[PDB]
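Snapshot of trimethoprim at dihydrofolate reductase.
The chain is numbered in sequence order, starting from 1. Looking at the header, which is where the method is noted, we find X-ray crystallography, 1.5 Å. Order of appearance sets the numbers: ligands from 1, and atoms from 1 within every ligand.
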Amino acid sequence: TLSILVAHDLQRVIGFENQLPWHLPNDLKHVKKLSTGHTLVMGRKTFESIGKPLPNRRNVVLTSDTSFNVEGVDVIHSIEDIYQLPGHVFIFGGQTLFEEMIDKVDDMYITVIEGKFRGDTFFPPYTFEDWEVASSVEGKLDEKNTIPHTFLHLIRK
Ligand SMILES: COc1cc(Cc2cnc(N)nc2N)cc(OC)c1OC
(Lines of atoms letter the chains of each structure in order from A and count residues from 1; the text may use other names and numbers.)
(Lines give C-alpha, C1' and ligand atoms only; values in the text may rest on other atoms or scores of the structure.)
Protein backbone atom coordinates (compact mmCIF):
# COMPACT_ATOMS: atom_id res chain seq x y z
CA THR A 1 0.00 0.00 0.00
CA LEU A 2 1.28 3.47 -0.90
CA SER A 3 0.00 6.34 1.24
CA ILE A 4 0.63 10.05 1.64
CA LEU A 5 1.27 11.20 5.21
CA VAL A 6 1.09 14.99 5.66
CA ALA A 7 0.14 17.79 8.04
CA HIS A 8 -1.09 20.94 6.26
CA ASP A 9 -2.99 24.05 7.32
CA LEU A 10 -6.12 25.68 5.94
CA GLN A 11 -4.14 27.16 3.03
CA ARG A 12 -2.17 23.94 2.50
CA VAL A 13 0.98 25.28 4.20
CA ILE A 14 3.38 22.46 5.07
CA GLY A 15 6.37 24.48 6.19
CA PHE A 16 7.96 27.84 6.79
CA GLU A 17 11.72 28.42 6.80
CA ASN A 18 12.25 24.66 6.67
CA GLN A 19 10.18 23.91 9.77
CA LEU A 20 6.60 23.19 10.71
CA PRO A 21 5.10 26.57 11.71
CA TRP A 22 2.95 24.89 14.39
CA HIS A 23 4.09 22.72 17.29
CA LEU A 24 1.87 19.67 17.62
CA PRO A 25 3.37 16.70 19.45
CA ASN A 26 -0.04 15.05 18.98
CA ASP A 27 0.55 15.07 15.22
CA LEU A 28 4.02 13.62 15.72
CA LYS A 29 2.43 10.85 17.85
CA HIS A 30 -0.05 10.23 15.01
CA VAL A 31 2.91 9.85 12.65
CA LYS A 32 4.57 7.41 15.10
CA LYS A 33 1.40 5.31 15.39
CA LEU A 34 0.84 5.07 11.64
CA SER A 35 4.41 4.55 10.45
CA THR A 36 6.25 2.58 13.14
CA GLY A 37 7.29 -0.78 11.65
CA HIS A 38 6.68 0.50 8.12
CA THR A 39 8.57 2.71 5.64
CA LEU A 40 8.85 6.50 5.26
CA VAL A 41 10.01 7.94 1.94
CA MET A 42 11.05 11.57 2.04
CA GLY A 43 12.95 14.19 0.08
CA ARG A 44 16.40 15.32 1.19
CA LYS A 45 15.14 18.65 2.54
CA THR A 46 12.60 16.97 4.77
CA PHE A 47 15.27 14.56 5.97
CA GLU A 48 17.61 17.44 6.82
CA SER A 49 14.71 18.99 8.78
CA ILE A 50 14.17 15.89 10.96
CA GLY A 51 17.95 15.60 11.27
CA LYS A 52 18.00 11.86 12.05
CA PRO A 53 15.94 8.88 10.94
CA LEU A 54 12.76 8.29 12.90
CA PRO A 55 13.27 5.22 15.07
CA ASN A 56 11.67 1.79 14.60
CA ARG A 57 10.89 2.16 10.90
CA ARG A 58 12.64 2.19 7.55
CA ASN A 59 13.74 5.67 6.50
CA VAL A 60 14.25 6.20 2.78
CA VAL A 61 15.59 9.44 1.29
CA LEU A 62 14.94 10.34 -2.34
CA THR A 63 17.56 12.65 -3.84
CA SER A 64 19.26 13.19 -7.18
CA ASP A 65 22.65 13.55 -5.44
CA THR A 66 24.45 10.22 -5.92
CA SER A 67 27.04 11.35 -3.35
CA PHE A 68 24.48 11.41 -0.52
CA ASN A 69 24.70 8.78 2.23
CA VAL A 70 23.63 8.55 5.89
CA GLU A 71 23.97 5.70 8.37
CA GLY A 72 20.54 4.22 9.16
CA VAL A 73 18.96 5.64 6.01
CA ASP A 74 18.36 3.98 2.64
CA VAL A 75 18.91 6.31 -0.31
CA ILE A 76 17.13 6.16 -3.66
CA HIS A 77 17.52 8.36 -6.73
CA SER A 78 14.31 7.85 -8.70
CA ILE A 79 10.56 7.90 -8.11
CA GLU A 80 10.45 4.49 -9.79
CA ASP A 81 12.52 3.07 -6.92
CA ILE A 82 9.57 3.74 -4.58
CA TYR A 83 7.36 1.14 -6.21
CA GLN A 84 9.87 -1.61 -5.42
CA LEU A 85 9.92 -0.98 -1.66
CA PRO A 86 8.22 -3.79 0.30
CA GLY A 87 5.25 -3.31 2.63
CA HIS A 88 3.30 -0.21 3.56
CA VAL A 89 5.10 2.86 2.27
CA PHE A 90 4.28 6.39 3.41
CA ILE A 91 5.26 9.38 1.29
CA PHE A 92 6.43 11.82 3.97
CA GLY A 93 7.20 14.95 1.91
CA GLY A 94 8.21 17.49 1.08
CA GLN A 95 6.37 19.61 -1.47
CA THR A 96 7.94 18.27 -4.67
CA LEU A 97 7.57 14.62 -3.63
CA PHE A 98 3.93 15.26 -2.69
CA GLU A 99 3.39 16.92 -6.08
CA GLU A 100 4.92 13.90 -7.83
CA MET A 101 3.01 11.30 -5.81
CA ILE A 102 -0.48 12.66 -5.14
CA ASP A 103 -1.87 11.20 -8.40
CA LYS A 104 -0.14 7.87 -7.69
CA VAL A 105 -0.85 6.96 -4.07
CA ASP A 106 -3.69 4.75 -2.88
CA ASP A 107 -4.75 6.94 0.04
CA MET A 108 -3.81 9.90 2.26
CA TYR A 109 -3.49 10.38 5.97
CA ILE A 110 -3.84 14.10 6.44
CA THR A 111 -3.63 16.13 9.61
CA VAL A 112 -5.52 19.33 8.82
CA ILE A 113 -4.15 22.09 11.00
CA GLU A 114 -7.26 24.20 11.46
CA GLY A 115 -5.52 27.55 11.27
CA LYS A 116 -3.70 29.84 8.85
CA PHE A 117 0.05 30.07 9.47
CA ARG A 118 3.00 31.69 7.75
CA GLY A 119 4.15 29.37 4.96
CA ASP A 120 6.60 29.07 2.08
CA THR A 121 5.93 25.52 0.96
CA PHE A 122 2.58 23.96 0.10
CA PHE A 123 0.75 20.67 -0.32
CA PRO A 124 -0.85 20.37 -3.78
CA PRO A 125 -4.52 21.26 -4.11
CA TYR A 126 -6.95 18.37 -4.05
CA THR A 127 -10.70 18.06 -4.31
CA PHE A 128 -13.27 15.93 -2.53
CA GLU A 129 -14.50 15.05 -6.00
CA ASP A 130 -11.38 12.84 -6.21
CA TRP A 131 -11.17 11.84 -2.55
CA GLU A 132 -13.63 10.28 -0.09
CA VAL A 133 -13.37 10.88 3.67
CA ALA A 134 -13.07 7.46 5.29
CA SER A 135 -12.53 8.84 8.77
CA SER A 136 -12.38 12.24 10.40
CA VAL A 137 -11.36 12.66 14.06
CA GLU A 138 -10.82 15.91 15.95
CA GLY A 139 -7.45 16.14 17.68
CA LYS A 140 -7.29 16.62 21.44
CA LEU A 141 -5.87 19.88 22.75
CA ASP A 142 -3.73 20.48 25.83
CA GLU A 143 -1.03 22.92 26.92
CA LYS A 144 1.47 21.47 24.43
CA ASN A 145 -1.08 21.11 21.60
CA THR A 146 -2.94 24.38 21.26
CA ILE A 147 -4.00 24.59 17.61
CA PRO A 148 -7.18 22.76 16.59
CA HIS A 149 -6.42 19.93 14.16
CA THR A 150 -8.32 17.12 12.45
CA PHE A 151 -7.05 13.69 11.42
CA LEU A 152 -8.42 12.56 8.04
CA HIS A 153 -8.05 9.32 6.16
CA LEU A 154 -8.89 9.89 2.50
CA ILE A 155 -9.35 7.20 -0.13
CA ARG A 156 -9.94 7.61 -3.89
CA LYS A 157 -13.47 8.37 -5.04
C1 LIG B 1 8.85 14.65 12.68
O2 LIG B 1 9.07 15.96 12.35
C3 LIG B 1 8.73 16.51 11.21
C4 LIG B 1 7.88 15.82 10.34
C5 LIG B 1 7.54 16.41 9.17
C6 LIG B 1 6.59 15.69 8.21
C7 LIG B 1 5.17 15.37 8.66
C8 LIG B 1 4.64 15.70 9.85
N9 LIG B 1 3.39 15.40 10.17
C10 LIG B 1 2.66 14.68 9.36
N11 LIG B 1 1.43 14.37 9.74
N12 LIG B 1 3.13 14.30 8.20
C13 LIG B 1 4.31 14.61 7.77
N14 LIG B 1 4.75 14.24 6.58
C15 LIG B 1 8.04 17.66 8.86
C16 LIG B 1 8.94 18.32 9.74
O17 LIG B 1 9.46 19.54 9.48
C18 LIG B 1 9.28 20.19 8.31
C19 LIG B 1 9.22 17.72 10.88
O20 LIG B 1 10.01 18.29 11.83
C21 LIG B 1 9.59 18.25 13.19
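- Nearest protein heavy-atom contact of atom 8 (C) of trimethoprim (ligand 1) is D27 OD2, 3.6 Å.
- As for UniProt NADP(+)-binding residues in chain A, a heavy atom under 4.0 Å from trimethoprim (ligand 1) is present in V6, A7, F92.
- Scanning the protein heavy atoms around atom 3 (C) of trimethoprim (ligand 1), the nearest turns out to be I50 CG2, 3.7 Å.
- At a heavy-atom cutoff of 4.0 Å, trimethoprim (ligand 1) is contacted by the side chain of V31 but not by its backbone.
- Heavy-atom proximity to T111, at under 4.0 Å, picks out these atoms of trimethoprim (ligand 1): 11 (N).
- Considering both main-chain and side-chain atoms, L5 comes within under 3.5 Å of trimethoprim (ligand 1) through a nitrogen or oxygen pair.
- Taking the UniProt substrate-binding residues of chain A and keeping those with a non-hydrogen atom under 4.0 Å from trimethoprim (ligand 1) leaves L5, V6, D27, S49, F92.
- Per the entry, the species of origin for chain A is Staphylococcus aureus.
- Residue contacts with trimethoprim (ligand 1): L20 is included, with a non-hydrogen atom under 4.0 Å away.
- Atom 12 (N) of trimethoprim (ligand 1) has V6 CA, 3.3 Å as its closest protein atom, hydrogens excluded (heavy atom only).
- Most residues around trimethoprim (ligand 1) in chain A come from the UniProt domain dhfr.
- Distance from atom 6 (C) of trimethoprim (ligand 1) to its nearest protein heavy atom, with residue and atom name: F92 CZ, 3.6 Å.
- Contact between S49 and trimethoprim (ligand 1) is present, with at least one heavy atom of the residue lying under 4.0 Å from the ligand.
- For trimethoprim (ligand 1), the heavy-atom contacts closer than 4.0 Å come from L5, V6, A7, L20, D27, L28, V31, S49, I50, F92, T111.
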